[PDB]
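Structure showing carfilzomib (bound form) engaged by Proteasome subunit beta type-7.
All chains are named by letter (A, B, ...) in the order of the sequence lines, taking the proteins before the strands, and each is independently numbered beginning at 1. When reading the values below, keep in mind they use all heavy atoms of this one structure, side chains included, and skip hydrogens, waters and symmetry mates. Not the full deposit; the contacts listed refer only to the portion displayed. According to its header, this structure was worked out by X-ray crystallography, 2.9 Å. Atoms within each ligand, like the ligands themselves, are counted from 1 in listed order.
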Amino acid sequence: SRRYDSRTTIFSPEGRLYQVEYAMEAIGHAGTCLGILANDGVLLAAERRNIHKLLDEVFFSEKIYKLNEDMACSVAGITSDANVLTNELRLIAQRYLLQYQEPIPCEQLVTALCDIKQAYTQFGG
Amino acid sequence: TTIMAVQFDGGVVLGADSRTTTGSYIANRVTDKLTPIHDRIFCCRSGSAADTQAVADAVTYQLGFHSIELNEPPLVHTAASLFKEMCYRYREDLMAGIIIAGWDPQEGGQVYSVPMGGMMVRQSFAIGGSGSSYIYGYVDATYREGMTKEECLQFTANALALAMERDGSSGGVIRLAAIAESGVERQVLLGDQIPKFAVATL
Amino acid sequence: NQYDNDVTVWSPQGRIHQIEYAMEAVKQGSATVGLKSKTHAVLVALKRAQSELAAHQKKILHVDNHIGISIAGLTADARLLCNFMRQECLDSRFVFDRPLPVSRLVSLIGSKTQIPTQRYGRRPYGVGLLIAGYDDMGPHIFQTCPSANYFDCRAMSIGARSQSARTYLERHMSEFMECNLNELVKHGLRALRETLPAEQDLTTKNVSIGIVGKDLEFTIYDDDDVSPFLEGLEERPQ
Amino acid sequence: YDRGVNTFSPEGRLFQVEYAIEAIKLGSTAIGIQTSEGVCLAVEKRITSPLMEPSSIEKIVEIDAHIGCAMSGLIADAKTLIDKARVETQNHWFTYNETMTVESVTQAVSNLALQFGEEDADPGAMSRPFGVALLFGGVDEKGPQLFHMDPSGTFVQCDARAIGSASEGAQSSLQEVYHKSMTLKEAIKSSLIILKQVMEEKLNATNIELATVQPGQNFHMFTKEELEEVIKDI
Amino acid sequence: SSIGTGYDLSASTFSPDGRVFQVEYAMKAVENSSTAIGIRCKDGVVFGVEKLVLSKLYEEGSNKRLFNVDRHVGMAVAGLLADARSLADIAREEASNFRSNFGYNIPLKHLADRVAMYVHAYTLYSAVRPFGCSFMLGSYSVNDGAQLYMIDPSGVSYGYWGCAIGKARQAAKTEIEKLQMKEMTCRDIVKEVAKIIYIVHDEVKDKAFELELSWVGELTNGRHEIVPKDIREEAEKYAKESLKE
Amino acid sequence: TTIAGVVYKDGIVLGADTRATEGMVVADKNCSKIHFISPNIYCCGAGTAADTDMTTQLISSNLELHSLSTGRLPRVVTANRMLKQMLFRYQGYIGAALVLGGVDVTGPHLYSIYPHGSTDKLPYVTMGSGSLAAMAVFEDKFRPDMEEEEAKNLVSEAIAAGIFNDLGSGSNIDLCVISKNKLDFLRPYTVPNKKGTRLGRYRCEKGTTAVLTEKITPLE
Amino acid sequence: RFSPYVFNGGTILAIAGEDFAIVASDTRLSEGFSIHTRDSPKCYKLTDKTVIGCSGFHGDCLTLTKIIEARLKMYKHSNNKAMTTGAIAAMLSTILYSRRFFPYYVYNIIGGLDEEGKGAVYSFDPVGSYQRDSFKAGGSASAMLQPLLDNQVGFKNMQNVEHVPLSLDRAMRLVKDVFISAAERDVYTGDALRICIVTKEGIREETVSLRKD
Amino acid sequence: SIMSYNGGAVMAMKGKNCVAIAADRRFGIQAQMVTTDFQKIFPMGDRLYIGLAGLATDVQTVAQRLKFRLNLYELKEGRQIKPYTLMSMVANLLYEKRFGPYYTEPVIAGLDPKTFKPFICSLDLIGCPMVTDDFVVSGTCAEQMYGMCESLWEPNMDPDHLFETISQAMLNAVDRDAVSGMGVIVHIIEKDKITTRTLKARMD
Amino acid sequence: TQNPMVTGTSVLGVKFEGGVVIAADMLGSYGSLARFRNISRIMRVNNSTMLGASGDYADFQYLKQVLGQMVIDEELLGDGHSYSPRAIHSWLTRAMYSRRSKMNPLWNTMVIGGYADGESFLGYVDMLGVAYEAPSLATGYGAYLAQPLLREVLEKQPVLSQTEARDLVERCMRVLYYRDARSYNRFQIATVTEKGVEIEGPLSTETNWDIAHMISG
Ligand SMILES: *[C@](O)([C@H](C)CO)[C@H](CC(C)C)NC(=O)[C@H](Cc1ccccc1)NC(=O)[C@H](CC(C)C)NC(=O)[C@H](CCc1ccccc1)NC(=O)CN1CCOCC1
Ligand SMILES: CC(C)C[C@H](NC(=O)[C@H](CCc1ccccc1)NC(=O)CN1CCOCC1)C(=O)N[C@@H](Cc1ccccc1)C(=O)N[C@@H](CC(C)C)[C@@H](O)[C@H](C)CO
């Protein structure tokens, strides 16, 4: 039991979290995705890895998710984890809306998800 | 309702009326109150229909698994004990008067009563249900030890007939079951088959 | 080396090393002796001191009016087990208004201490006990090990260099059953002192006595109350 | 090679506990002396910077009006134990309308000894022993008393005791000057002397802290001036 | 028959040849224990235990390897004693629950089945280790008969006419086979049990030993009791005398 | 309500009215009270509307799962067990009186299920506020092994009795015939009640309603 | 429905002297209009220095008694000393209040010696409210006992009388007198009077007789 | 009655290729009016409105939680919601509180976002759905509304006749109820546009 | 149990020289109905004690099961210790009070008779956990009818012989049969001595009805 544990939430001797860095290495292999801020708007632009002749194209997008009527996001890395996080983001947004009766400020949503990710880095194994 | 069970030598005889009422309306004039728990173990139900049905189902389940796990014909006392446990544990939530009776290779024909309290006692014969009140005297004056199977059959038939005649909550048809090593002989007394008695005239 | 660190791992030789390592904890403490006559049960314990400025460690604990113990090993585990026994005794008195039979208490100790020797991440109790008690089966001296095994004894010694005490008691078993209290405590003290080099011997500062019997509840004599027992003993040999 | 936190050595001891004992040896050395006129506790503060406010370093704290505690090792671990002690004393006062004996408090804190483990445990339960050592000095019905406790949970009464990095030497120096009849002034003096010996820094009024608990007076933390007035007669 | 490269550190781990070495190791712990035998006659079951004495300081009857599991069921154990006692507790509780639920004394086959299942439950996870002991359950009834079952650390349960567990398991079995217990009675059987115990005992390697004995049959109204001192000393005399041939 | 059920030679006929009330006011003039359980099992619901709905839906779902895993056609005893056990677990707090009818591999089966969890297997059953009238029609004009049209006539007659004699029942008669190889879910089997035709024109012409505020909003 | 309470009667009294403490009670256990037993003292010896009197509902009396015993033992195991009287009073307060929302139907009076050897009484209410007294009564006949002791021991409403301290003898006869008078009017008080005297020497038990009607 | 605590009235009517939904504007506590501009009709998307009558708190709460689930639905799925779907959603939401129900009786009126087919339904407080082809009512003056609707409603009404009909129904029903009124609002919704009007009504 | 169903009435107990005697009729009543006229309301708890019970018969069967199991559990050890009558009484008190405090009582009033260490024991236990010891005990109507007779004798002669106590018991059962409408002319007598516990079979009580012919004069 103690033998099979890979110790995912543990400091390395240098004072760093190895699983996080390895996850970064995973992200480095994922499709390129950038975003730019302007005066009259803001945009996302991402490379598509789901590019094959036989694909059906039944969704509005591939790496662009709508989170809120005032907010959208793009993703890079493991797509399923991305699905989880995006769904959770929508949940958070709707909770804030239900509570204050106004759209959740962007930074608040971001911090809200990031607290969950950090929680996954600090405990739980 | 009005149930009954008498013990003879090689087994038991069960009997019940068939009236099921909600208020003063008869929701089922032809109920089957004698419920099979095992090959040679039956129970007579009285009280809440839902309660007795649920409990009977549960006990059939438990006793089935138990008999399979032991690979032996289940003791009647065991079935009666399962009923007893259920009815006693949930006495404040159940309205059930049960008479568990049947045959068993180790103790032969047995009859047990599990009244609303949750207690359990073996009897030579047992009566229950709303109608049982009207036949205590008759059943006391008519019972004789060493009755034959057919004698017990006629006995329960007469008693149930009387009770059904007097009790408004009882009536319809008479259901009888004979249980022995041979098996289960079920029959139904209806109309003119049901024993009649002289009603006062002038 | 690969079967050393968990209590749920059998060795290929049919042994559990963590249990035995736990057994070694008993020998790490100061020695103690227990013996019974036919009317009295007696524990004699050699208290140990760190420096000369530190008081001597308690070795005898009160459990119930009819039961006392002498510990050997981890004092924390000792306190745990002690509180457990106390609790069980109190329960018995609360429920039945009669004192808990010693053998049953020992059985409960066995049952409790056996559990953590079979679960991952758990550990055996690092403590050995000598239990002196009196009930309507007479006096009783019991011994409990980290291996959750227990023994009914006529006499026993556990701990550092307790082999000498054992060897002594094994010769005077026959005498024990008829001794009066003073002679019994004497024998206990001789057994205890056998576990010492000739340069040192028993003192009122380093000896504790626990006594229970038909005429006496479990009592603990520590300092000046030990002198009536020490004063009345041979000079011992070299 | 990693193992469980409740693993036994072949010698018959718990690894984590022994390692905690090893951890104590890196802490500030403290000395407690018992005297029929009262108990005294002294400890070096080990200031690592002139910028650090020395009054924010407390290795001597008040458990209750009649009991004080000195600590050595991982102080952060000690804070919990201190609060537990205070709470225990107050609970006892609430329940029985009386003060706790020093031994009872010491035992109570000592009950949190081997309360650590992995499996079969609570979510908030301790994962490791407390890497700290304690000296409980106080006055009860049995007069002045001094107790010592280590991560093993083994607690014992001492007439004079030193814990910390300079444990052995200070203990020897203690044995050389202790007789069970010293005056409290003699105890304080001796304590500060041995402290000055074992300390690497020059002993002054802001380098250490000293506190006394006497039959007639509550727990008293020595102020700067009083400290100076004892250091005076060096 | 000897692999151990991490494949033998858990009951949740199979060996490459399909074995669970933890269980086998526990069985080896059973093998290193003093021999306990039990034999069924036509009118009951008799138990005999070679209870080795580790010290003369221990009282007589200390460390009993014969237990009363139920008023009609006795238990003879072999191996790690603490585990054996805990298992005795489990068996007792099982019998008690059965009585409280069904209203009569638990049939031996069923008790053995239940306890065996409980034992087997420990041969499957890394969170717990298999029990380090084997045991025998003996009982008698008029409606049931004379019955003797045995359970090993793996959880296997079987019905025996004669059985032994411990050091000289086979050495005892060869001696039991000589008997015709299908016709003999528990009265005669006791002597033969003590005899086989004395034969199988190794007076050289192992030191002094105490002999434990147990009745359960028609001669005891179905109650599992300890053999009276008279019959025990009689059987021991017969055994000591039969050892000179 | 006024639901009924009968067993004939080739299968089962289920009947129900279509009146749903709140207070002493008709809320729904056309309510479907005959529910889909399985393709071979239907169930009439009387009592607390939402309860009958959610209960019948849930059991239908569980039976779909069941048959999906078993690969066979669902049995009526299964739906009966599920229903009675659920209802009994809630001790009557789910106001659902039911008439469960279906054809099996064992034949035609008809149960009545009361909200307390008790069931009755009978050749003919009635439930609802108008159940007494319908049961009178059954007790008067029932015979074993009827032909399909005969049984349809009998059941529709019963439901009609419920409709005209009970203030709780009203409007249409819905039938459901289930044989060993047919499923006739006849919706408006009979419309014995009709609203009278308007005798006037109360149509309000554009402009008669005074307006204080207006706001048009275009869509797409 | 079902009531978890029944009044079993019983009167109780404690007087504190300079060097003594008296705790007395009748021995009648009754229920409704019937006598359960005439041999049921309401006095319980806790320690050599402390005696407790408990009246009211017998179930709660027994239970609370056994609880107090057990916790005395616990304290003894925990602090290596016996519980002082005032400590037992405080503990009893907490124990009684622990059932603030399902109270012990028990009137409690503790009599004993303090740490200076002097006498002390502690009177309780069923939920833990207690205070120290020189003398107090409780139980059924409480209102019959109290006024006389207010007059005779407290010297209340008496002009130009001397404040002579209560001796053990006078206190004893006072107890016997108030109980004898109470047996006349209270129907729950009778049969026998048990008196427990607590001094440095220990605890004496005396038993006077009361009428049986 | 709990429903009568705040009062109010909600009605929906069917048209040719249009639909209508109206409600009074009074927010009152028992007998006192607190507000005259209380919203009881909420848009659950383009060409789909819901109208809740009953206990004001549960009106607002059910509306809000419904918008919660709706938003999540239209996010998970790449489409606007169908009327039937919304109805089942509300039914589920209400029935989740079967033994502690919200005290509101919702009325859904809209047009199929794919087609244009008109749709009107109403529900219990425990979420029992009821779809009709003419009208649905819910409120303290349900009997009056039934009275008007049963006599005014015609089948294929144009967006102008529907307005007049539902307006007269609401006005004249509400004017016979003491706790409903203080103004009436009507939303007449069609494929191209949505027209919102507040009627001239009694304020007593 | 909040509403008792089948119940039994009075239970008597009295100490004598070298033992204790207890009596109880064999009737289980369903209200005013004498439903089960052949049931034992007396249990043999080991060889030194015994129990009689009034109130709900089912709960008594439960306590019978539990106590039987406890006695078996103890007898399995054979460590030379056994439950004294006082111990059983203490346990029963604890149990009844525990159920009382859970607001779910065992609707019983019980009399425990015993003989151990040469002393006669007689204890009473309520459904509320009210318990005590006395030389004589009577539950239910007995407490109003039989107990006054018992006390009259015991205060005139504290020590009774077994035959004397048995006679007293018989007369008390006669009085109870006369005046208690929920009793029955068919009872049991259990006895503890040093020889153990003995329950005597179905006994009847002779009845005088001469006062039937005293209507006129
Ligand atoms: C038997 O005992 C004899 C005939 C004497 O009663 C029969 C036979 C049994 C085995 C079927 N028992 C009954 O006929 C029995 C009486 C009973 C009533 C209430 C509780 C327990 C037992 N009838 C029923 O159980 C019957 C079952 C079906 C509907 C056929 N249901 C009821 O009696 C309703 C019980 C539910 C309940 C109501 C209130 C609180 C809790 C539970 N009683 C109703 O009144 C049902 N209902 C509402 C009122 O108007 C009529 C319909
Ligand atoms: C109008 C339709 C959409 C539904 C109607 N709903 C309603 O009547 C619901 C009841 C909600 C409820 C809550 C808690 C517990 C029980 C029920 N009431 C409300 O929605 C609003 N009110 C709240 C306060 O004022 C009164 C009602 C209804 O259920 N009607 C039942 C009758 C009923 C029985 C018991 C309680 C409430 C109502 C019905 O039609 N039953 C038929 C069977 C069908 C629908 C399967 C029949 O039984 C025939 C028509 C006779 O009623």
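- Other chains contributing a heavy atom less than 4.0 Å from an atom of carfilzomib (bound form, ligand 2): F, H.
- Site of carfilzomib (bound form, ligand 2) with heavy atoms closer than 4.0 Å: F/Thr1, F/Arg19, F/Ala20, F/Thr21, F/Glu22, F/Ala27, F/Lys33, F/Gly45, F/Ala46, F/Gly47, F/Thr48, F/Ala49, F/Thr52, F/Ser129, F/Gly168, H/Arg98, H/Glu105, H/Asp124, H/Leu125, H/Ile126, H/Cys128.
- Within less than 4.0 Å of carfilzomib (bound form, ligand 2), no other ligands or ions are present.
- For chain H, the deposit records the name Proteasome subunit beta type-3.
- Of the residues UniProt marks as active site in chain F, nearest to carfilzomib (bound form, ligand 2) with least heavy-atom distance to 1 Å is F/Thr1, 2 Å.
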